[PDB]
S.K.: 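Looking at a complex of atovaquone and Dihydroorotate dehydrogenase (quinone), mitochondrial here.
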Amino acid sequence: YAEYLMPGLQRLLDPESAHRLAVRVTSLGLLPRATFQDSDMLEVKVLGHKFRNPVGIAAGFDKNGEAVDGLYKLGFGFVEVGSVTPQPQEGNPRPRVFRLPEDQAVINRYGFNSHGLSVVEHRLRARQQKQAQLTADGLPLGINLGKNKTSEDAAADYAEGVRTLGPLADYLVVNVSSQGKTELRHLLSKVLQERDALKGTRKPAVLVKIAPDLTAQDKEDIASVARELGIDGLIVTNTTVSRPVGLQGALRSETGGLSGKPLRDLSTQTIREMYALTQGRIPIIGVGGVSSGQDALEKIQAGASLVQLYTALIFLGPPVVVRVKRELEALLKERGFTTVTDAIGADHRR
Ligand SMILES: Cc1cc2nc3c(=O)[nH]c(=O)nc-3n(C[C@H](O)[C@H](O)[C@H](O)COP(=O)(O)O)c2cc1C
Ligand SMILES: O=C1C(=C2CCC(c3ccc(Cl)cc3)CC2)C(O)=C(O)c2ccccc21
Ligand SMILES: CCCCCCCCO[C@@H]1O[C@H](CO)[C@@H](O)[C@H](O)[C@H]1O
Ligand SMILES: O=C(O)c1cc(=O)[nH]c(=O)[nH]1
């Protein structure tokens, strides 16, 4: 009864309520488990790990690590636990989430509503053994670290997030996308330093997530600092504060970050630029408006080693995960790529 009923409920609910119900339904494992088997050609070895498939769920869906197993069960090659702030906080006042149906877009200004490190840490440790096996089987767990609203030292918040959740993550993410090149360098250096100070052999990779709203200078500074400090990767494109001419959703004037289709090509272009600026030496996780295997391939070809999607799940439902992987698989063969890895950065080989 999962499908059939869920599509209806979605239409009868405001976007935030629909979001919370989706997380619940997913954690309870009420959705059918994907039968699609990830072929060897979809495997990507990057960030010190193995990814059975290159399609993950972007940060922000499961902010509190409540539906991880259910997400892998849907077919995602990896999961990124939504932004986690040190202390719990409620985020911005409602309404803070809006659907733009006609544009297959969403606008949100959640404001980092989070359960906090203690809670998320408890949840993830309760399933650490299970995750250790999932990871070993090529299903990595990423954890996106955020900072509290009234926090003074952003770096201190991120570091606390590194010490607290780092032991449970395969990779960690720090947003600069939810000051000059100098403050960016110092903030990241402290994050990496905290990462290197973690106990154990398997040190999680550290990625920087950027918005698509960057000046020519911002892009060069990020590439330079990333290259200089030895950052492990870049997640390219959080939501955008721009509102493209031609948006038809009546709620387009609302403040917040725009995601979904309108962000698709802007995001890909940003991946192309960052890849070039870093000379293809820094793994990029492409994200933004991915709704088909075609969209994923465009991002991979522009420079992404892996991709993520979120908004498409909202307008196409859970079937979108397997659909993107299946199409991506057929498009790779059709275009002469024997494996996903061979397509990474393909547009840059000319
Ligand atoms: C409702 C909502 C909440 C989000 N929350 C987060 C978050 O907590 N942390 C983060 O790094 N990105 C967050 N994002 C951004 C997504 O991870 C992704 O970068 C962006 O939505 C573009 O992908 P998409 O077009 O496939 O949704 C959020 C996006 C949406 C739509
Ligand atoms: O997950 C959703 C959502 C959704 C409702 C339930 C859907 C669904 C549809 C069919 C099945 Cl079989 C399972 C889940 C998944 C998408 C929805 O409508 C939103 O508006 C939203 C806004 C922000 C963040 C997340 C979301
Ligand atoms: C037949 C199945 C009916 C399912 C009804 C789900 C109603 C969910 O309702 C939502 O719950 C959220 C918290 O859980 C609240 O924050 C939202 O304001 C509320 O609309
Ligand atoms: O919590 C949020 O508002 C948020 C964080 C982020 O990184 N991206 C986004 O679109 N929303």
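Along the sequence shown, residues carry numbers from 1. Because only heavy atoms are used, hydrogens play no part in the values below, and waters and symmetry mates are left out as well, while side chains stay in. Note that ligands are numbered from 1 as they come in the structure, with each ligand's atoms numbered from 1 the same way.
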S.K.: Mind telling me which chains or ligands belong to atovaquone?
M.R.: ligand 2
S.K.: Quick check: does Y310 get an N/O under 3.5 Å from an N/O on atovaquone?
M.R.: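 No, there is no polar N/O contact under 3.5 Å.
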S.K.: How does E16 reach atovaquone, if at all, at less than 4.0 Å between non-hydrogen atoms: by side chain, backbone, both, or neither?
M.R.: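 The answer is neither.
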S.K.: Atoms of atovaquone less than 4.0 Å from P318 heavy atoms?
M.R.: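 Near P318, meaning under 4.0 Å from one of its heavy atoms, atovaquone has 8 (C), 9 (C), 10 (C), 11 (C), 13 (C), 14 (C).
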S.K.: Look at atom 2 (C) of atovaquone and say which protein heavy atom is nearest, naming residue and atom and giving the distance to 0.1 Å.
M.R.: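 Going by distance alone, atom 2 (C) of atovaquone is nearest to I314 CG1, 3.5 Å.
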S.K.: Applying a strict 4.0 Å limit to heavy atoms, is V106 in contact with atovaquone?
M.R.: no
S.K.: If you take the residues UniProt annotates as binding FMN in chain A, which of them have a heavy atom under 4.0 Å from atovaquone?
M.R.: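 Applying the heavy-atom cut-off to the UniProt set, I get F61, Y310.
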S.K.: Relative to the heavy atoms of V97, which atoms of atovaquone are at a distance of less than 4.0 Å?
M.R.: 22 (C), 23 (C)
S.K.: Help me out: which other ligands and ions are under 4.0 Å from atovaquone?
M.R.: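 Within the cut-off sit ligand 1 (flavin mononucleotide).
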S.K.: If I apply the N/O under 3.5 Å rule, does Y110 come out as touching atovaquone?
M.R.: no
S.K.: Which UniProt active-site position in chain A is nearest to atovaquone, and what heavy-atom distance, to 1 Å, separates the two?
M.R.: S178, 14 Å
S.K.: Provide the residues lining atovaquone within 4.0 Å, heavy atoms only.
M.R.: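 Heavy-atom neighbours of atovaquone: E3, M6, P7, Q10, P15, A18, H19, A22, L31, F61, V97, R99, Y310, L313, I314, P318.
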